[PDB]
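Snapshot of tezacaftor at Cystic fibrosis transmembrane conductance regulator.
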Amino acid sequence: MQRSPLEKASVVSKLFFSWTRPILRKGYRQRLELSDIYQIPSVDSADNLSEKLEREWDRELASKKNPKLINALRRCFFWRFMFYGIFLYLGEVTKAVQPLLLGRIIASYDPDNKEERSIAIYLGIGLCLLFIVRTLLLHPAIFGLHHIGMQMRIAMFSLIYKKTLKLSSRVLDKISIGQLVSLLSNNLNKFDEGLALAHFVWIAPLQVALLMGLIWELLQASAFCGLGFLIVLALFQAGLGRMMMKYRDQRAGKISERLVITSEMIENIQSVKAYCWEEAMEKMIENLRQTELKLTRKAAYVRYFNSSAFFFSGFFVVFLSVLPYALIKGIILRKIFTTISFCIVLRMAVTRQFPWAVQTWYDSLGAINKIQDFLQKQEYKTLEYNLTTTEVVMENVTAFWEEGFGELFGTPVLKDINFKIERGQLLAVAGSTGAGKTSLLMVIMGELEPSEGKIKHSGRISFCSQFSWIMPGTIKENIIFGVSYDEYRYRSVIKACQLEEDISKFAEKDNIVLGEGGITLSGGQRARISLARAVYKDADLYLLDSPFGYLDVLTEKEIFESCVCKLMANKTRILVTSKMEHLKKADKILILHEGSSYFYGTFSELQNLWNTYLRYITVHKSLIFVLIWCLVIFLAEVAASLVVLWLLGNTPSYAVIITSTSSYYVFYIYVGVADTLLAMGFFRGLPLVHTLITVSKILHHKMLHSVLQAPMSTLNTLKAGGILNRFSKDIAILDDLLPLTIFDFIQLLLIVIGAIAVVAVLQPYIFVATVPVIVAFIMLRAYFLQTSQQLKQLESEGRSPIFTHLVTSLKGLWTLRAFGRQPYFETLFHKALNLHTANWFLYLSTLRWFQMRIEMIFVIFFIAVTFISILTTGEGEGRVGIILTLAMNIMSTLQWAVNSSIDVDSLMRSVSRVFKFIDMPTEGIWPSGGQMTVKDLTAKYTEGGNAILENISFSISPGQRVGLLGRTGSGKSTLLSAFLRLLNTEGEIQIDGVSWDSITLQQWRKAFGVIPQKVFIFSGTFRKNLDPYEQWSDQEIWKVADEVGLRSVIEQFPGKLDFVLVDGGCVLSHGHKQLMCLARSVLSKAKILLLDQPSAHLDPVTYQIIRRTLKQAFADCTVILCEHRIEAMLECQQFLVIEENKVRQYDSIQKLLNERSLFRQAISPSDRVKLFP
Ligand SMILES: CC(C)(CO)c1cc2cc(NC(=O)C3(c4ccc5c(c4)OC(F)(F)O5)CC3)c(F)cc2n1C[C@@H](O)CO
Ligand SMILES: Nc1ncnc2c1ncn2[C@@H]1O[C@H](COP(=O)(O)OP(=O)(O)OP(=O)(O)O)[C@@H](O)[C@H]1O
Ligand SMILES: Nc1ncnc2c1ncn2[C@@H]1O[C@H](COP(=O)(O)OP(=O)(O)OP(=O)(O)O)[C@@H](O)[C@H]1O
Ligand SMILES: CC(C)CCC[C@@H](C)[C@H]1CC[C@H]2[C@@H]3CC=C4C[C@@H](O)CC[C@]4(C)[C@H]3CC[C@]12C
Ligand SMILES: CC(C)CCC[C@@H](C)[C@H]1CC[C@H]2[C@@H]3CC=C4C[C@@H](O)CC[C@]4(C)[C@H]3CC[C@]12C
Ligand SMILES: CCCCCCCCCCCCCCCCC
Ligand SMILES: CCCCCCCCCCCCCC
Ligand SMILES: CCCCCCCCCCCC
Ligand SMILES: CCCCCCCCCCCC
Ligand SMILES: CCCCCCCCCCCC
Ligand SMILES: CCCCCCCCCCCC
Ligand SMILES: CCCCCCCCC
Ligand SMILES: CCCCCCCCC
Ligand SMILES: [Mg+2]
Ligand SMILES: [Mg+2]
């Protein structure tokens, strides 16, 4: 890409932000292509900012007694912050002194006022220079604040990731994905824009002091009667701001809880559809949203009064200040308007700048102190040797997962374990399910500090987890995992893993871009890729945690005797296996049972013993009625104001002194108080803010409902972080920023329209005088938005790489520390930050260019108007200036209205992106016998893609158990998924004589009982996981738990049937998750059931449970059992062998094994003698 134009630009061009001109010119005619996005400035790269803040934070920890993160920021961002502060203050001083010139010029129109007319010509030049100075002094400061804020946010986001990669093992159970995502999203765009307002904490007191002294000149001692009203208002306003944060802190927990469950269900949406749980998930989320929206409304009601305090202050501040002065001595309209022209600034300084500054300081310091807490949590210690005899030895090791139980010294996970392997002994770990084998490996890696005993080994280690983890990218990226690509070693590993036959089927033959979690791949393909990654890296110790889970006996034997016993014969390798043949070739065998070492020794001695605003308003029927209500009342107030002005001019000592020629001040006075006469009270504001929030409820409900029913092919294209972005950030915008910003835009629009209308009816030339300015505003806005809309979308979509990477890293954290590849993912995360920074910085600069031009055009028109006004005043009664200057006083408010319109349209991008999900396509006693017939079935995942199954035809009888076998990656799960119709299919499969299309899709799916390959467990109670619909009493739940053997594991935890699972059920072992899904299927009594790999890792002793419950509980229902272990084939009668995208049925097992010699020769002897008598 091109270098940033900021590097080499003119100083005059940099001041005016003219370097953003090319992209606006390019972005008006056609769409913005990738070749246009400029590179980030070198002083903005995440690496330099991370290095800087890390160094200061390291020094801060090493020096002070009490470290504070805010202190570390104060040394690397303060000087530029203050340097821009003095320029921002000088911009505000220029604004509070304007009435000394504008009011002195307006008074010159009257012939009776000789004094201020003699010098009016000099004041025109002075006022002209005053406007020009302010334009070059106020905007470049704000952009500097935005630039500093972007640097701070990037530099803090880096340290968040630097700490995340090093978090201790036991703190992960308390820090869920939703906590980080909420932490990032809340500050993702608020922190940068916040710094533009942070300076008014110390600017506003100076503005109040200066203005009060300047008003003291006019109203000698009565000005303080008007100030006391603002002081009471400020105290009341600060009280509401304090109250708002109470409602916002109570909400943080329940929104983080939602963001966890939302991500859990949607990354496993395949299983949710199979279970027909759409309604259950929607109700669960809506119960969480109810309390969240309740707190949002109670916050929004308070924030409305916090916002509207400015508009309902105009008439009162003016009235309460001039009344004690007018009562004692006569007041001239000349001083009434000049007092108004000071209050218009004093009100905004103390009601709209100061409280916003204080609130921003509240928020930013709260976020910094929360990240300071994050940076000081318990950290993974790595105190271990780096050189030794390479002899892995352990002795007297015990461990507890729960910190409190180990602090007291609740069965310990391990007790008194010891072993020793010198330089290549294959130590086969075995035992029953849940006895603890994964924990033994985590103790070795240092993921679980043993309270007692010692463990010694070499530094280099490799790890193949019992649960596969596939990072995004090609197969090659997963295998090498961030090192140099060696051709010879790469081919040898793939050949050893026998991935050649399976990778050859892919279109690109090596490079298929895998989604997060490897959903594109089969169960066994992910397992072998995880194995290949471990094999590729050279290490002293290899921890192979049961890679032979989803593989058939043929591939298991080949991969074991070609990759484990042949490729790495001279490397120590701990292997977790249950097959007896693997213990034969092991030099050491460690049998574990309930954490105790049952046996240790050699096997020999073992044997010896634009249509978006319209649709956003139409989505709710009450919103249009409230808007009409706000318009009807507006017309009444305009009509009342119009007749009041008309009846004062027709009328004729008195307290207020006016002359015939000075009467024109009445209209100038009105413009300064029109904001209060047209202000929306609590009878119009609260209904609008209330109704704008219920729209967000309906939009969220519709969006989640539409997503849950989308076809699977559309769901596989979208990334996990794109979904997480649109649920966290987008919905937060629709609740927090959209309602009140729309209210401000509508309020300002009403004020401008009413002020123009009533003035135009009375003096029908001010409307003509303002048309050339309004048209210029609308024309410039329509030109800028053609590029701002596209820039906003590019930045909005640029947030997804950050969330995908964070989810991927946190899910795979156990593999990262085993390999030691933290720096590789640190620089990869910095690429995502720089990618987001480029679009955000570019958008933020083009917006600043518009803000400068929208003010410059007003300045140009005003300077033009003052000279014609000054020059036209002849021998008294300067009518031309009376009409023109009034026309330009209203545009000082329309400029604010235009800026608010830009903010509304920028935020309306969120609405459109949520609507984009609603439009997604929708894929849309009888089962007495269970007899089904398949005719000419064809299956293919993507439309127009490769046909995984072609013209399949077979039939099964009622009450018949059918086996479904075949080599890994042949199509077994595809065939079982074709029954439920998750992927696009052709043909027909009738049950009991009714066709597919004769019955609705959801009624069809409900006939089946499914056990998916990827066990799904969401955060919640045990009884909620076993039946979300709550249609079973606890008596039946226990009666099933006893039959499936979940008794002992459930009662261990403190809350029996009440324990809240976390991290997708990390507390349970893998074998307990299989039993959990088994109980879930048993409870849902279905006349037909599809079992895809029930006994994934269950040892033969645990398999007795599987065969018992399938024999007893599933008495007469037809079973389609997909299994890999040969012992399971005894039960099923018919066998469906899948190969070459085709299916062929056999009635006897002896014919099946006679056909395939190589299949038969691999069978373990205990199962070979079982099948062959
Ligand atoms: C001079 C003195 C009165 C006493 O030494 C002082 C200076 C000072 C500066 C900062 N913050 C900053 O210079 C930066 C900043 C951080 C966070 C931001 C942000 C700006 O503005 C926001 F509101 F957006 O949050 C630019 C980095 C601060 F926080 C507290 C400070 N104190 C009080 C002292 O007691 C602190 O120890
Ligand atoms: N993170 C954890 N926190 C607390 N308890 C846990 C955790 N992981 C497992 N356990 C519990 O500790 C015991 C053993 O843990 P587990 O990982 O270690 O067995 P395993 O070796 O994976 O079993 P299997 O052979 O069935 O896969 C079980 O009772 C299990 O429920
Ligand atoms: N969503 C998908 N899009 C494209 N191809 C897919 C998709 N899901 C799976 N495949 C491919 O289809 C083939 C078979 O899928 P898969 O269910 O069928 O294997 P399997 O035999 O069920 O696995 P295992 O024996 O490990 O349980 C594989 O080549 C796999 O990569
Ligand atoms: C903190 C800083 C900004 C405070 C500034 C206070 C200034 C604006 C105040 C302080 C004293 C004030 C002056 C006090 C006395 C007089 C004499 C009177 O016949 C005209 C107004 C005039 C000339 C005042 C103008 C405003 C004034 C100069
Ligand atoms: C600058 C001088 C002249 C005027 C006084 C400035 C005001 C705005 C200052 C003085 C004390 C400040 C508060 C001191 C302590 C805290 C707690 C922190 O967790 C959030 C910010 C907060 C709440 C500060 C907000 C701003 C504050 C109220
Ligand atoms: C908070 C607003 C207070 C408004 C009332 C101001 C005080 C009363 C003003 C009139 C005082 C008249 C005094 C006449 C004295 C004759 C010797
Ligand atoms: C919104 C309040 C409007 C008040 C209008 C008062 C009108 C008074 C008319 C007096 C007419 C006198 C004719 C001699
Ligand atoms: C830097 C701030 C200077 C403020 C000077 C204010 C002067 C107000 C006019 C006093 C004489 C009428
Ligand atoms: C930056 C401050 C500028 C103040 C200008 C005040 C000019 C007052 C002139 C009065 C002449 C009668
Ligand atoms: C008698 C002549 C008075 C001239 C007043 C000039 C005021 C200049 C103000 C400049 C502000 C930047
Ligand atoms: C004088 C420097 C600018 C004003 C900054 C005041 C902020 C005080 C915050 C105190 C936090 C403990
Ligand atoms: C905070 C307001 C200060 C006003 C000072 C007025 C001094 C007049 C001599
Ligand atoms: C910008 C054009 C203003 C024209 C004003 C005409 C006033 C006639 C009395
Ligand atoms: Mg395990
Ligand atoms: Mg499968």
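By the numbers in the PDB entry, the shown part of chain A spans 1-409, 437-636, 846-888, 902-1173, 1203-1451. Order of listing sets the numbers, starting from 1, for every ligand and every atom in it. Side chains included, hydrogens not; waters and symmetry mates left out as well; all remaining heavy atoms used.
- Location of tezacaftor, all copies: ligand 1.
- Checked against UniProt's transmembrane annotation for chain A, counted from the N terminus, the segments with a heavy atom under 4.0 Å from tezacaftor (ligand 1) are 1, 3.
- On the PDB entry, the origin listed for chain A is Homo sapiens.
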